[PDB]
Engineer: 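Encoded as structure tokens, here's the structure I'll be asking about.
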Amino acid sequence: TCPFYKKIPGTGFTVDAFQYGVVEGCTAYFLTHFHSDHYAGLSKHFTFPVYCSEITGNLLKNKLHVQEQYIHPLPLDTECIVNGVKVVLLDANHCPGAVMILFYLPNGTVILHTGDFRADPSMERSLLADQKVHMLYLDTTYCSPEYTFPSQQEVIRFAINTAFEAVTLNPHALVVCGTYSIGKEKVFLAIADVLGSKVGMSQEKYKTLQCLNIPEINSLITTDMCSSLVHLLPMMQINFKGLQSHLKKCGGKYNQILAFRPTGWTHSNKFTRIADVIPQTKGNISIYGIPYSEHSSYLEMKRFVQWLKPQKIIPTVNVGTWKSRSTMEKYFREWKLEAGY
Ligand SMILES: CO/N=C(\C(=O)N[C@@H]1C(=O)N2C(C(=O)O)=C(COC(C)=O)CS[C@H]12)c1csc(N)n1
Ligand SMILES: CO/N=C(\C(=O)N[C@@H]1C(=O)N2C(C(=O)O)=C(COC(C)=O)CS[C@H]12)c1csc(N)n1
Ligand code: NI
């Protein structure tokens, strides 16, 4: 049974609702981005129109084998008509191909569905600013003040400087980055760039990255793993045992691994007050937990919502418990009272 927050009222549209069979009344299925929790259910046997970004369409065609006749890629920042309703797709600042959707309802209402997003002040000076938005379907992943983390730029600076120093001190070191989906490509691409290396990876991951329209990416990635100083591994292998086993590969041409894992999103006086990143180390293997996020921090989310001033907010994340629903509604009310909308 499709939850109500996945249906757009006054339309026959659903958003990220592919695991519920045939949704009654749905004439178009929007997919905000290619993450498993959102595309769950899509396959080569889906026979309804899917509306998405071009990059998401590339992944649907090449990774899930969705038939081309049902993939409807839409350009960003462009007014499009879908089944009699004007829509606009905007970059969500999440993972490649991820979009927010503006719906211009026939009754004059405007709805913004953020998909998954990392709110940024740049969104306030975009075409989002050119009309009132009445209802907001909000990515509330980190809707609590303890969710603080640096800008992606600060985190990438840390990772680049850490990896460059380690490999320049020890040219026999290897950098490993963990991955389980698309997104956070900047981490391993930036490290490989500063090291003059390509990123070695599995054929399956290589295929995935080939779908993302990343400029000059043939110059940055390879399936020849031992020829590179940066390797991508499945996230489940980013542990001392998994990295020890990997070090035994490639003829043992490396004697050190620095691994990067995205983690560490909670920081407050209650829990992990110090945000400074220090690796977990065992012998010649170090694992850096870096707070690289592709969701809004609490402050980023708050700023965006107080700028947008929506009349109604419908969370799309963390609404499975009464505690989380209640806390989120308290924050929305706080934000509304502070900003006066
Ligand atoms: C900075 O690292 N943050 C991590 C992570 O990758 N941690 C690591 C890992 O695996 N380790 C193991 C391990 O491999 O078991 C041990 C235990 O070994 C010792 C010290 O003797 C200690 S923590 C380290 C993390 C955050 S969320 C998650 N799933 N992992
Ligand atoms: C308003 O609450 N509506 C719910 C509900 O309990 N919602 C939830 C929420 O948020 N969840 C997330 C979440 O937090 O992300 C996922 C995760 O989903 C995936 C597949 O990633 C699964 S549903 C649970 C509901 C669920 S089924 C139904 N008819 N109503
Ligand atoms: Ni996502």
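Following the PDB entry, chain A residues are numbered 700-1040, in order. Note that ligands are numbered from 1 as they come in the structure, with each ligand's atoms numbered from 1 the same way. Values below: every heavy atom of this structure, side chains too, minus hydrogens, waters and symmetry copies.
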Engineer: I'm curious which chain is the main partner for ligand 2 in this model - what does UniProt call it?
Structural biologist: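 It sits in most contact with DNA cross-link repair 1A protein.
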Engineer: State which drug is present at ligand 2.
Structural biologist: cefotaxime
Engineer: Might you check, step by step, whether the distance between atom 18 (O) of cefotaxime (ligand 2) and some protein heavy atom is under 4.0 Å?
Structural biologist: no
Engineer: Using a strict cut-off of 4.0 Å, what other ligands or ions are found near cefotaxime (ligand 2)?
Structural biologist: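 Closer than 4.0 Å: nothing.
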Engineer: For atom 10 (O) of cefotaxime (ligand 2), what's the nearest protein heavy-atom neighbour? Residue, atom name and distance, please.
Structural biologist: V1018 N, 2.8 Å
Engineer: If we set the cut-off at 4.0 Å for heavy atoms, which region of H737 has an atom near cefotaxime (ligand 2): side chain, backbone, both, or neither?
Structural biologist: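 No part of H737 is near cefotaxime (ligand 2) at this cut-off.
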Engineer: Identify, for atom 27 (S) of cefotaxime (ligand 2), the protein heavy atom at the shortest distance, and state residue, atom and that distance.
Structural biologist: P702 CG, 3.7 Å
Engineer: Please identify which atoms of cefotaxime (ligand 2) are closer than 4.0 Å to at least one heavy atom of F703.
Structural biologist: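 Those qualifying, in numeric order: 1 (C).
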Engineer: Given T840, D736, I1013, which one has a non-hydrogen atom that is nearest to atom 21 (O) of cefotaxime (ligand 2)?
Structural biologist: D736
Engineer: Given the protein's heavy atoms, is any one of them under 4.0 Å from atom 5 (C) of cefotaxime (ligand 2)?
Structural biologist: yes
Engineer: For atom 20 (C) of cefotaxime (ligand 2), find the nearest protein heavy atom and state the residue, atom name and distance (0.1 Å precision).
Structural biologist: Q718 OE1, 3.4 Å
Engineer: Around atom 15 (O) of cefotaxime (ligand 2), find the nearest protein heavy atom and jot down its residue, atom name and distance.
Structural biologist: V1016 CG1, 4.1 Å
Engineer: For atom 13 (C) of cefotaxime (ligand 2), what's the nearest protein heavy-atom neighbour? Residue, atom name and distance, please.
Structural biologist: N1017 N, 3.9 Å
Engineer: Using a 4.0 Å cut-off to any heavy atom of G1019, which atoms of cefotaxime (ligand 2) qualify?
Structural biologist: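 Once the distances to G1019 are compared, the set is 6 (O), 7 (N), 8 (C), 9 (C), 10 (O).
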Engineer: Identify the closest protein heavy atom to atom 12 (C) of cefotaxime (ligand 2): which residue and atom is it, and at what distance?
Structural biologist: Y704 OH, 4.6 Å
Engineer: Just to confirm my output: which protein heavy-atom neighbour is closest to atom 29 (N) of cefotaxime (ligand 2), and how far is it?
Structural biologist: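 Scanning the protein heavy atoms, the shortest distance from atom 29 (N) of cefotaxime (ligand 2) goes to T700 O, 3.4 Å.
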Engineer: Which residues lie close to cefotaxime (ligand 2), i.e. with a heavy atom under 4.0 Å?
Structural biologist: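 Heavy-atom neighbours of cefotaxime (ligand 2): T700, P702, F703, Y704, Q718, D736, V1016, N1017, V1018, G1019, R1024.
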